[PDB]
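Here's Beta-lactamase OXA-82 with doripenem (bound form) bound to it.
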Amino acid sequence: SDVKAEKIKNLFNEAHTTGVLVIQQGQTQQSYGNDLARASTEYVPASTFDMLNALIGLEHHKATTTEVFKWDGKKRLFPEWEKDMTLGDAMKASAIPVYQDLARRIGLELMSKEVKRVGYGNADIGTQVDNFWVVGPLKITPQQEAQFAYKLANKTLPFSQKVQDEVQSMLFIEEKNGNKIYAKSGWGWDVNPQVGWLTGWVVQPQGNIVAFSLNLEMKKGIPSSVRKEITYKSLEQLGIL
Ligand SMILES: *C(=O)[C@@H]([C@@H]1NC(C(=O)O)=C(S[C@@H]2CN[C@H](CNS(N)(=O)=O)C2)[C@@H]1C)[C@@H](C)O
């Protein structure tokens, strides 16, 4: 237990940054890493907000799981985004232009109501429906992200079963040794310091759900791939994977 925690602390150290990993099983959360105080600190959710954006958009018939969001031909931050996408394609790619489109369809009034009804982080979306989850004012703690993931995994969020099922399917990564992994990454590259997320859950073979939220400082020039590496190795050290 002490030896498991020390090994996870050293994963963050050897990436030359500070980070926390929150684990939820049942109604119990545990924090690991080299800055445990991050667990209860508010950060912009960045692309992790896509999960709630998708729930709200599908619940209120603003979009479907099959409709294609056409690329308008304008240069995007990543060349990989420069293509026609479904919501699920955009979830996997974290293609924010698709989720900005969806946010505008929802509109500020409905988005504010739904974020408050769910109780997501500080539940403050300010005045711009297509600019609140990357540079503020919306903030959320890793503890709150892990709790949100656990509820989505169990379909106990206050949305239809149908829409929670559809958003789970968008977040599915892989089955590994009988374990099903669901995850959304985030990188708030435009706040100082920068924030990196990986929020999701494991379904273990007998059906036990282990929710997690990794939150770390995205140092200048840090490999974006390190968020997934630290998460998977940490879950392995904990005997979750
Ligand atoms: C959302 O937070 C942000 C997205 N999110 C991500 C992200 O990966 O979390 C990016 S980076 C872009 C998409 N994924 C590629 C990196 N994959 S990996 N395996 O980590 O190396 C490149 C982007 C900044 C929105 C707000 O832009």
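Along the sequence shown, residues are numbered consecutively beginning with 1. All ligand and atom numbering here is 1-based and tracks the order in the structure.
- Heavy-atom contacts of doripenem (bound form, ligand 1) within 4.0 Å involve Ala46, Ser47, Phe78, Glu80, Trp81, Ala93, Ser94, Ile96, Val134, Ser185, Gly186, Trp187, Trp189, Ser224, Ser225, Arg227.
- The covalent attachment site of doripenem (bound form, ligand 1) is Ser47 OG.
- Less than 4.0 angstrom separates some heavy atom of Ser94 from each of these atoms of doripenem (bound form, ligand 1): 4 (C), 5 (N), 6 (C).
- In this structure, the protein non-hydrogen atom closest to atom 25 (C) of doripenem (bound form, ligand 1) is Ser47 OG, 2.9 Å.
- Atom 8 (O) of doripenem (bound form, ligand 1) has its closest protein heavy atom at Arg227 NH2, 3.0 Å.
- Protein heavy atom nearest atom 14 (N) of doripenem (bound form, ligand 1), with residue, atom name and distance: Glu80 OE2, 4.2 Å.
- With hydrogens left out, the protein atom closest to atom 19 (N) of doripenem (bound form, ligand 1) is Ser225 CA, 4.4 Å, a heavy atom.
- If you check which protein heavy atom lies closest to atom 27 (O) of doripenem (bound form, ligand 1), you get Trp81 CH2, 3.4 Å.
- Looking from atom 13 (C) of doripenem (bound form, ligand 1) to the surrounding protein, the closest heavy atom is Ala93 O, 3.5 Å.
- Of all protein heavy atoms, the one closest to atom 18 (S) of doripenem (bound form, ligand 1) is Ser224 OG, 3.6 Å.
- Annotation: atom 22 (C) of doripenem (bound form, ligand 1) to nearest protein heavy atom, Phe78 CE2, 3.6 Å.
- Close approach to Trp189 involves these atoms of doripenem (bound form, ligand 1), each under 4.0 Å from a residue heavy atom: 24 (C), 27 (O).
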